[PDB]
Peer 1: 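Hey, check out PF-00835231 (bound form) bound to 3C-like proteinase nsp5.
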Amino acid sequence: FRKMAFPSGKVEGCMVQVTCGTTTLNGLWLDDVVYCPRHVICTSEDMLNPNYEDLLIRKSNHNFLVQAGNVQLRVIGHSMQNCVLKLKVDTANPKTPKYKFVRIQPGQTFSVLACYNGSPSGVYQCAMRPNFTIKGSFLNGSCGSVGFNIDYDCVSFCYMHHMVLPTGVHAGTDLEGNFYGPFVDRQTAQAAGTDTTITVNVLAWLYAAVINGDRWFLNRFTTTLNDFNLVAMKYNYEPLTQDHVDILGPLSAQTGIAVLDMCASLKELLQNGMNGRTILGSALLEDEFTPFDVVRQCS
Amino acid sequence: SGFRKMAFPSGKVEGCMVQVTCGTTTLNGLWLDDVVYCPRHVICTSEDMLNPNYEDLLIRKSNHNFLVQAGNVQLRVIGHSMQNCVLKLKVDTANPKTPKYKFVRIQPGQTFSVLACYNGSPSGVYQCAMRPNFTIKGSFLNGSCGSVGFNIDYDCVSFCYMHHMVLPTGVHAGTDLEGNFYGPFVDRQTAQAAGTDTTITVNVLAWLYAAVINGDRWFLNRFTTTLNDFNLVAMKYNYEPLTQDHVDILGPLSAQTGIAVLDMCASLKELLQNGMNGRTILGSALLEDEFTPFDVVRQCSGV
Ligand SMILES: *[C@@](O)(CO)[C@H](C[C@@H]1CCNC1=O)NC(=O)[C@H](CC(C)C)NC(=O)c1cc2c(OC)cccc2[nH]1
Ligand SMILES: *[C@@](O)(CO)[C@H](C[C@@H]1CCNC1=O)NC(=O)[C@H](CC(C)C)NC(=O)c1cc2c(OC)cccc2[nH]1
């Protein structure tokens, strides 16, 4: 098993750069709107303690430089929505894919198209942690890079990059500008809460192991969802929700192993350990593959 | 900040993928200018693939025997030749989205991005390394043949891999875009083993430097080693020898971190002899060898 990103071309065709003063970052051009982090309006000193409503009052359309490559797109309107700026431009992007804006849950994965100066640089798969950070790879100039999933022909954008934390993980918003987690867009060191293991994804991984004939860990027991959640929390594992149980449905049907029987197997692995054994060639339980990723790599 | 297995953006390649069908055999092709490149075993029937005389099988085909679909459009084949294990279909239409490109044959230990495709449709993109035994640890399913591997520099796509085969061990084998396999493999329907799969030492060292740049030094030690004494231990553990060129190529990472290359060699020697003792590096419980020094430099320079 490996991390696989979605093909990035539909998103590449939407990346632009946005500059205000000497402050430059990336934006997302869909139809005639460009979406970007609102701190582009800040000088470096402004970002220490910004009052964004007051800073924006001092800006007009003609203070925003939007470029597709080196080609300028004239800005004809602007507004703030939470921590994102929306710049209306006078050109509808001919490369706009079918798209939606979605807000994901911890545990869900997405592809990040890391960009610099409006130019796509690399693509990789990330998982939203329970503490609402991602382990990205981002350098200066990466803000406004986006994360997304592709379903059929539709790009679902879920993430726009804003922040690195002192621990070197990343934080950002959805495309309506609402941060994931307790973070704010300020030039300040902010701590993320203690993280936990993504249980639903570990279960998906165990189903993947079974699909491939690696099933020594299957035990004879079952559990209730409540009892499992209480045990899991003592091992720093997330509780399962009903949605988690439901998204495990297809893998449960494919293998014939009920979700709560697999939970009882995992409980035993937590309580008793691996006994120097491996699962899918690994002593670590992997928690960054969703049930969809498992299906997507097995078929 | 951070270090992740990263692929190049795939859009320039997506615009070149098409579907090639001959008989009941369908796989992917690569459409550049007015030529479509694909694995020649498309011309094969199920019975042919056991021992295909490709020159014999190809001469019996006509241009119209090849159905090339690009999205909803069918491209008319107006010529066809064979270059080793790659078929070259001349089409009457030049692909308008052809990027600047070159064909290159990659060296073992180098990385490239793979755009996995099915029925001419891009499905996923990931980074691989060409292993010392000339296999790649890919993710490919039925119908993935003709998927390509590439690197991008500025605006130029260097195609280096086209996919053909899975081995019994689950690793993968393919050719360059001149149709020559990497490794001792053959495009016939047989179970093939690779040579011994050694570890790309210069890459493990780069990844250790990446781990240091990202704040983890638990594996470092106060010891050093000579290059030869390191290589003696490395070869004992089925690692490739480190050459002076590798040492030099690691210079920028050594400069950035302040850790002499042979001091990092002494760290790796200790990891090989003692193991990792349940600890992890950059989240991995194994020594990773599929990032090149340049992969690390481009993600971690300045951090
Ligand atoms: C965007 O490029 C800014 O436009 C930038 C992305 C980071 C640069 C290096 N890697 C990244 O992911 N974001 C920032 O520089 C933000 C700007 C905010 C939104 C105004 N700043 C931080 O992420 C930042 C500031 C501080 C800090 O201060 C003090 C102390 C510790 C961490 C930290 N992160
Ligand atoms: C191509 O899509 C075929 O067009 C296909 C890709 C593999 C399918 C499963 N995963 C893959 O990477 N390649 C093949 O099916 C090739 C066809 C050759 C080039 C004629 N064959 C193999 O991959 C192959 C055959 C055998 C085998 O036999 C008998 C025994 C064991 C492994 C094996 N692989």
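Each chain gets a letter, A, B and so on, in the order the sequences are listed, and its residues count up from 1. All heavy atoms count here, side chains included; hydrogens, waters and symmetry mates do not. Structure determined by X-ray crystallography, 1.6 Å. Counting starts at 1 for both ligands and their atoms, in listed order.
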Peer 1: Find all other chains that place a heavy atom under 4.0 Å from PF-00835231 (bound form, ligand 2).
Peer 2: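 Heavy atoms from other chains: B.
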Peer 1: Could you walk me through which residues contact PF-00835231 (bound form, ligand 2), taking a 4.0 Å heavy-atom cut-off?
Peer 2: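 The binding site of PF-00835231 (bound form, ligand 2) (heavy atoms) is B:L27, B:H41, B:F140, B:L141, B:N142, B:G143, B:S144, B:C145, B:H163, B:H164, B:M165, B:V166, B:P168, B:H172, B:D187, B:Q189, B:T190, B:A191.
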Peer 1: Does any N or O atom in B:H41 lie less than 3.5 angstrom from one in PF-00835231 (bound form, ligand 2), N or O only?
Peer 2: yes
Peer 1: For B:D187, is at least one N or O under 3.5 Å away from an N or O on PF-00835231 (bound form, ligand 2)?
Peer 2: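 Between B:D187 and PF-00835231 (bound form, ligand 2) (N or O atoms, distance only) the closest approach is not under 3.5 Å.
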Peer 1: Relative to the heavy atoms of B:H163, which atoms of PF-00835231 (bound form, ligand 2) are at a distance of less than 4.0 Å?
Peer 2: 6 (C), 11 (C), 12 (O)
Peer 1: Are any of the N/O atoms on B:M49, whether in the backbone or the side chain, positioned under 3.5 angstrom from an N/O atom of PF-00835231 (bound form, ligand 2)?
Peer 2: no
Peer 1: Relative to PF-00835231 (bound form, ligand 2), which UniProt active-site residue of chain B is closest, and at what minimum heavy-atom distance to the nearest 1 Å?
Peer 2: B:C145, 2 Å
Peer 1: I'm curious whether the model shows a covalent bond from PF-00835231 (bound form, ligand 2); which residue and atom, if any?
Peer 2: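 There is a covalent bond to B:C145 SG.
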Peer 1: Is any N or O atom of B:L167, backbone or side chain, closer than 3.5 Å to an N or O atom of PF-00835231 (bound form, ligand 2)?
Peer 2: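 Such a contact does not occur with PF-00835231 (bound form, ligand 2).
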Peer 1: Decide whether an N or O pair under 3.5 Å exists between B:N142 and PF-00835231 (bound form, ligand 2).
Peer 2: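 B:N142 vs PF-00835231 (bound form, ligand 2): no N/O contact under 3.5 Å.
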Peer 1: Do any N/O atoms on B:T26 end up under 3.5 angstrom from N/O atoms on PF-00835231 (bound form, ligand 2)?
Peer 2: no
Peer 1: Which domain, as defined by UniProt, of chain B contributes most of the residues in contact with PF-00835231 (bound form, ligand 2)?
Peer 2: Peptidase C30
Peer 1: Only heavy atoms of B:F140, strictly under 4.0 Å: list the atoms of PF-00835231 (bound form, ligand 2) that pass.
Peer 2: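 Close to B:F140: 10 (N), 12 (O).
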